[PDB]
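Co-structure: artesunate and Pyridoxal kinase.
First the proteins, then the strands, lettered A, B, ... as listed; each starts at 1. Values below: every heavy atom of this structure, side chains too, minus hydrogens, waters and symmetry copies. Atoms within each ligand, like the ligands themselves, are counted from 1 in listed order.
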Amino acid sequence: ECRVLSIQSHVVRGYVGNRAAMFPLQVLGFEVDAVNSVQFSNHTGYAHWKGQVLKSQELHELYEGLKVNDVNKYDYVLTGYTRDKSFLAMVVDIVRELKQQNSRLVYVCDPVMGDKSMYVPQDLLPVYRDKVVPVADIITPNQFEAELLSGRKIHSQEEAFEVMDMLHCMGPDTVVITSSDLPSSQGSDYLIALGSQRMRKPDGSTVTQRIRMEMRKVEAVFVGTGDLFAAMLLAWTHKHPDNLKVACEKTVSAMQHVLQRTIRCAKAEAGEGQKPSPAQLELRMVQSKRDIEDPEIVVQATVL
Amino acid sequence: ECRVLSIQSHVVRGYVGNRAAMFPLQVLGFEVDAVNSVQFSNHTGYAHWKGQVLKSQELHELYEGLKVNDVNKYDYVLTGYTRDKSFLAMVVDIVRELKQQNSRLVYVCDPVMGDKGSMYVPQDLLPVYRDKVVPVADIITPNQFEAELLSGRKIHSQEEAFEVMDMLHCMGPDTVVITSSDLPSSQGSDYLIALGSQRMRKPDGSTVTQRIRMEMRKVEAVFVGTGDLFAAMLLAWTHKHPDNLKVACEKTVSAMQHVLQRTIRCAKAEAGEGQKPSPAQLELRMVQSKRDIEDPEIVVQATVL
Ligand SMILES: Nc1ncnc2c1ncn2[C@@H]1O[C@H](COP(=O)(O)OP(=O)(O)OP(O)(O)=S)[C@@H](O)[C@H]1O
Ligand SMILES: Nc1ncnc2c1ncn2[C@@H]1O[C@H](COP(=O)(O)OP(=O)(O)OP(O)(O)=S)[C@@H](O)[C@H]1O
Ligand SMILES: C[C@H]1[C@H](OC(=O)CCC(=O)O)O[C@@H]2O[C@@]3(C)CC[C@H]4[C@H](C)CC[C@@H]1[C@@]24OO3
């Protein structure tokens with residue numbers, strides 16, 4: 001009954017892009033139309049990868065194939081890692097058309113550009129800033145990406161929430177900073193994620209719910225975690241459209257279950273005292289099915 | 001634990017090929033490496049479609065990317081509808097190498113070539129399925145027409161069907177399931193007949209052939225991707241019951257019945273009362289059938305012959 005248009009990458013092996021997004025959404029009861037932006041043997045963090053990428057016009061052809069059959073009707077649009085601005089532009093056009101057809105459609109966008117350094121071309125920052133985010137309704141930046149989009153560096157929680165208010169003003173009524181460098185109150189092994197939802201009264205007035213979350217840090221580099229986060233937040237905010245606290249609690253708890261199982265299995269595969277390889281660190285998503293369906297709450301968000 | 005390499009089609013909307021195979025398998029606890037042989041907006045039963053076809057060379061590159069990283073290691077290989085001889089040939093080469101690395105790899109093949117009388121595959125492929133693919137396959141799920149094509153013998157009776165399936169066993173696969181047939185049922189013209197045959201090697205060294213018949217009630221609609229779902233779920237349940245084709249087929253067929261009944265109900269509801277459901281309204285309701293796929297209640301029982 002709830003259909004999501006997910007335009008993301010495909011990997012033969014592993015869980016990034018649509019591989020990390022469609023399984024949890026399907027298991028949580030969402031219908032998914034998946035446009036695969038690329039097909040690689042595996043994600044680029046491996047020592048090697050081979051495959052091909054889809055051209056923006058090819059994406060357009062697929063969308064028109066759906067349209068002429070009159071099955072271009074969606075409740076959600078979901079996007080993530082992209083390296084070509086033509087593709088982003090086409091995505092924006094599609095989102096505009098669908099929003100003209102459905103006033104209530106929700107565009108969930110993970111604005112993937114960099115972390116801590118930019119790993120996408122610089123000319124994408126303007127596109128995300130001036131074309132994509134303005135038509136987005138939920139965004140899942142990290143601190144670096146929030147700073148790049150806002151043009152202001154974040155040095156404190158207050159500055160972070162002011163940046164998130166700026167991002168709200170740019171478009172999205174829901175903004176989650178997934179990772180940050182702010183200090184946790186439980187020590188160096190816990191990380192901070194902030195959340196802000198701008199809800200609208202019967203008047204034109206704004207009321208912004210703000211939450212802060214601390215989650216333990218797993219000692220490994222994972223790929224696809226942001227795609228999985230964005231998909232599960234889509235699902236849980238759909239279940240809890242006015243309670244960002246609960247949605248984020250469920251999402252982060254599911255993430256923590258998945259990543260804890262993954263790290264344990266990964267160091268099982270590798271020898272004791274051996275750093276697991278990227279191949280050994282692939283998210284154990286199959287084995288996490290139930291955790292994704294009904295996660296045990298292991299994190300508590302503070303409403304501020 | 002159990003990793004399946006599934007090389008099949010991908011549709012943006014709907015459930016055919018990998019779309020109809022990866023979700024059940026993932027929900028049944030299998031890890032799935034998915035090579036999408038094509039990407040189309042939707043399957044050919046719609047008014048229109050658009051998409052791209054992956055070339056054999058690209059497939060080879062993807063497999064070589066897996067190989068170069070030393071993660072081309074599998075317990076199962078799953079294939080279905082293909083139209084290019086080059087692609088099929090490449091798939092056979094991959095199966096041969098994987099079997100050289102693991103002698104216990106099981107290749108589940110649906111040799112899709114036609115149905116009813118209509119061949120919807122290039123005639124270039126029948127020689128290839130007969131002489132290269134079926135020989136290295138371990139489980140096949142053809143329909144009556146496809147079994148007749150691979151064997152070259154017309155089937156007029158159940159006994160002749162099991163003879164054809166013995167010939168197919170000789171070609172390679174130790175498990176052969178004919179998924180649909182024109183054979184009359186004993187419960188009404190509205191039931192379909194499916195047959196199964198498994199050669200299993202007793203510890204004595206001798207081999208015994210278990211044979212089974214199944215009657216399933218027909219659903220009055222034309223569905224797409226049924227074969228893909230069937231082969232995937234049969235892979236799963238024969239992994240869980242490697243020596244009891246009866247139970248594996250019972251569970252596969254029960255899941256199928258649940259999915260199809262839910263799909264026709266929801267499609268008739270979406271369309272009007274007295275309205276023919278469209279191909280779009282008859283897309284398999286896979287998500288909403290999750291539980292029935294995870295633990296199907298047995299709605300059909302196979303007759304051991
Ligand atoms: N090592 C880790 N420890 C704990 N949580 C992690 C870890 N890696 C990823 N996460 C989780 O994944 C989410 C973010 O995904 P990331 O891969 O960190 O993406 P990012 O760094 O936020 O950049 P993205 O992809 O644009 S949001 C966080 O909210 C965490 O829940
Ligand atoms: N209309 C239907 N009514 C009941 N069961 C069906 C129907 N269509 C397909 N099935 C089930 O799907 C299975 C086989 O899928 P089919 O689409 O029939 O395969 P086929 O296309 O006849 O030959 P394939 O595709 O190469 S296995 C059957 O064994 C049935 O259980
Ligand atoms: C109409 C035919 C087209 O066929 C071509 O365009 C032939 C190009 C070529 O393979 O050289 O693509 C596909 O191909 C497969 C093998 C995958 C599944 C099908 C798609 C889901 C829909 C299109 C259909 C399809 O049929 O079966």
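Every copy of artesunate included, the relevant parts of the model are ligand 3.
Other chains with any heavy atom closer than 4.0 Å to artesunate: B.
Distances below 4.0 Å separate heavy atoms of B:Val38 from the following atoms of artesunate: 17 (C). Per-residue contacts place B:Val53 under 4.0 angstrom from the following atoms of artesunate (heavy atoms of the residue considered): 8 (C), 10 (O). The source organism of chain B, per the PDB record, is Mus musculus. Of the protein's non-hydrogen atoms, B:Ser9 CB, 3.9 Å is the one closest to atom 18 (C) of artesunate.
The nearest of the UniProt-listed active-site residues in chain B relative to artesunate, at the least heavy-atom distance to 1 Å, is B:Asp228, 8 Å. Protein heavy atom in closest approach to atom 21 (C) of artesunate: B:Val11 CG1, 4.0 Å. Annotation: atom 14 (O) of artesunate to nearest protein heavy atom, B:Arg83 CD, 3.7 Å. Shortest contact from atom 20 (C) of artesunate to any protein heavy atom: B:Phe40 CD1, 3.9 Å. The contact set between artesunate and B:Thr44, taken as ligand atoms under 4.0 Å from a residue heavy atom, comprises 1 (C), 22 (C), 23 (C), 24 (C). Counted by heavy atoms under 4.0 Å from artesunate, the UniProt pyridoxal 5'-phosphate-binding residues of chain B that qualify: B:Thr44. Of all protein heavy atoms, the one closest to atom 9 (C) of artesunate is B:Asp84 OD2, 3.2 Å. Heavy-atom contacts of artesunate within 4.0 Å involve B:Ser9, B:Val11, B:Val38, B:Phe40, B:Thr44, B:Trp49, B:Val53, B:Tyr81, B:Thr82, B:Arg83, B:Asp84.
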